[PDB]
Structure formats: structure tokens, C-alpha cells
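The following structure holds pentamidine.
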There are 2 protein chains.
Amino acid sequence: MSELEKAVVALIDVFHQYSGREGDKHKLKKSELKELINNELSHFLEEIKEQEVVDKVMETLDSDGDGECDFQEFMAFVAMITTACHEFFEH
Amino acid sequence: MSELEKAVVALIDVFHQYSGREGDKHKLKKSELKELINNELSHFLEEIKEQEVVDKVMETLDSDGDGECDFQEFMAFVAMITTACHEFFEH
Ligand SMILES: N=C(N)c1ccc(OCCCCCOc2ccc(C(=N)N)cc2)cc1
Ligand SMILES: N=C(N)c1ccc(OCCCCCOc2ccc(C(=N)N)cc2)cc1
Ligand SMILES: N=C(N)c1ccc(OCCCCCOc2ccc(C(=N)N)cc2)cc1
Ligand SMILES: N=C(N)c1ccc(OCCCCCOc2ccc(C(=N)N)cc2)cc1
Ligand SMILES: [Ca+2]
Ligand SMILES: [Ca+2]
Ligand SMILES: [Ca+2]
Ligand SMILES: [Ca+2]
Ligand SMILES: [Zn+2]
Ligand SMILES: [Zn+2]
């Protein structure tokens, strides 16, 4: 598999790693999203310690108002992170 | 870096790998997009041999009508591929 192909599978695997822990096994509830950010985005994003802060991130990500981040919503989150990283390192 | 963090950087690196070859160094023209698909998505997508087929893929990806795929448009392409892969392997 190419690097791109392995990257794609890694996105799928991290989503399932955290989504399957509680409740709906195919969505990230706020608790699962906080764990994902703190354990997997520790170089890209500030650690979340407050309920207020994960509330706000979930508000941004949650396009259908169910209080959770589904796989489509997670893909939008990945696009946001990737865009911000790409731009951080360039002029 | 986590797996997710390395995956994010891999998306950036494959985009730059192909975008920088010709013309606008920050967009994939059809020629660059064809090369990316054929060399980097050979397990996920059918090889492109015809101008018609890359025309069609570029039509799908090109949201601002400039005939090219910018980084935002490429992120949408990555979301499409990842979604299709995730769903292929599940019930
Ligand atoms: N010392 C580093 N940060 C760094 C190290 C290696 C690297 O290998 C290719 C990745 C793309 C290289 C140029 O574009 C970016 C954009 C964003 C990030 C990032 N989100 N960290 C990293 C690189 C890149 C950056
Ligand atoms: N050898 C080592 N130990 C080492 C080498 C490079 C390194 O680099 C740290 C992070 C570099 C890239 C990630 O940093 C950001 C920060 C903010 C944003 C943002 N704008 N959201 C995106 C990415 C760290 C450790
Ligand atoms: N034999 C395989 N295909 C395969 C091998 C390893 C693997 O490691 C974790 C990746 C996620 C595992 C379960 O979800 C998916 C969804 C899509 C793909 C794919 N796009 N190929 C692969 C896996 C996964 C699949
Ligand atoms: N040991 C080996 N040599 C080997 C092991 C597994 C393998 O698996 C091939 C591809 C598996 C996952 C990629 O296959 C697709 C197909 C269609 C879609 C789609 N719906 N677009 C998405 C993914 C290949 C070789
Ligand atoms: Ca869950
Ligand atoms: Ca939702
Ligand atoms: Ca180009
Ligand atoms: Ca465009
Ligand atoms: Zn760039
Ligand atoms: Zn799944």
C-alpha cells in the first residue's frame, strides 16, 4: 500500500479506536472525543481539561445536532486539522 | 507523533509530491491528479488511462471551476476515498 493508502486506513482505525469505547459504537460522544484529542493530537492541539472546551469542539464538529461526532463529522475534523497544519508550516 | 498525526502529515506530503510538478505548485492540474491516482491509489482506485476519466474525476473534485484541484478540494477527495474504504469493509 502507498503512504496515502496507509494514511487513509489510519484515519479509519483511530476513529474506531475511540468510537467503540462507549454508547453508540460508531460515533464519538464528547468523552470519546476528548480522549482522542488528548491521546492522539497532543502535538497539534492543546490538552482538553475542561468540559466547556470539549463542549465547544463538539459544537463545531456536530453538524446534525445529535451531540456526537459521526464518521462524516470526523472526516471534517481531520480536514480542519490537516488544513491548519499545512498552513502553519508555510508562508 | 501519533499514528493520526503522521497520517495527517502524509496527506500533506502526497499533495505536495504531485502538485509541485507542473504549473501552479499548489494545485493539482489534471495531469498531476492522474499521476497521483495511478501511483498512490492503485489499491483503492482503478488505473486511469483515458483523458475522459480524469476529466470526470476533476469535474467531481473541482468546486471553484478553475480546472484544478487545490488543497481544500484534495481534502474533500481524501474524505470521499476514506468514506468509501470504511464502508467497503463493514456491514
Ligand atoms: N518538523 C516538522 N514539523 C515536519 C517534519 C517532517 C515533515 O515531513 C513531511 C510533512 C510535510 C512537510 C512540509 O509540510 C508540513 C506541514 C505540516 C506539518 C505538521 N502538521 N506538523 C509538517 C509538514 C513535515 C514537517
Ligand atoms: N525531535 C523532536 N522531539 C520534535 C521535532 C519536531 C517537533 O515539532 C513539534 C510540532 C511540529 C508540528 C505540529 O505543531 C503544530 C502546532 C500548531 C498547529 C496549528 N496551527 N493548529 C499545527 C501544528 C516536535 C518535537
Ligand atoms: N485487509 C484489509 N483490507 C485491512 C487490513 C488492515 C486493516 O487495519 C486497520 C484498518 C481498519 C480496519 C477495519 O476497517 C478498514 C476499513 C477500510 C480498509 C481499507 N480501505 N482497505 C481497511 C480497514 C484494515 C483493513
Ligand atoms: N497480502 C496482500 N498482498 C494483500 C492483502 C490485502 C489486500 O487487499 C487489497 C485491497 C483491500 C482494501 C482496498 O480495496 C478497496 C476496493 C474498493 C474500494 C472502494 N469501494 N472504492 C475501497 C478499497 C491486497 C493485497
Ligand atoms: Ca461511541
Ligand atoms: Ca453529529
Ligand atoms: Ca501543479
Ligand atoms: Ca479548483
Ligand atoms: Zn503547501
Ligand atoms: Zn466503522
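Below, chains carry the letters A, B, ... as their sequence lines are ordered, and counting in each starts from 1. Atoms within each ligand, like the ligands themselves, are counted from 1 in listed order.
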- Ligand numbers or chain letters for pentamidine: ligands 1, 2, 3 and 4
- Task: Determine the main partner chain of pentamidine (ligand 1) by heavy-atom contacts and give the name the PDB entry assigns.
- Result: Protein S100-B
- Heavy-atom neighbours of pentamidine (ligand 1), other chains, cut-off 4.0 Å: A, B
- Specify the protein heavy atom at minimum distance from atom 3 (N) of pentamidine (ligand 1): its residue, its atom name, and the distance to 0.1 Å. A/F89 CE2, 2.6 Å
- Task: Taking atom 5 (C) of pentamidine (ligand 1) as the reference point, report whether a protein heavy atom occurs under 4.0 Å from it.
- Result: no
- Message: When you measure from atom 20 (N) of pentamidine (ligand 1) to the protein, is at least one non-hydrogen atom found at a distance under 4.0 Å?
- Response: yes
- Task: Heavy-atom distances under 4.0 Å are what count here, so tell me which part of A/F44 touches pentamidine (ligand 1): side chain, backbone, both or neither.
- Result: side chain
- Of all the non-hydrogen atoms in the protein, which one sits nearest to atom 7 (C) of pentamidine (ligand 1), and at what distance? B/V9 CG1, 4.1 Å
- Query: When you measure from atom 14 (O) of pentamidine (ligand 1) to every protein heavy atom, which one gives the shortest distance, and what is it?
  - Reply: B/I12 CG2, 3.8 Å
- Quick one: look up the protein heavy atom nearest atom 9 (C) of pentamidine (ligand 1) and list residue, atom name and how far away it is. B/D13 OD2, 2.6 Å
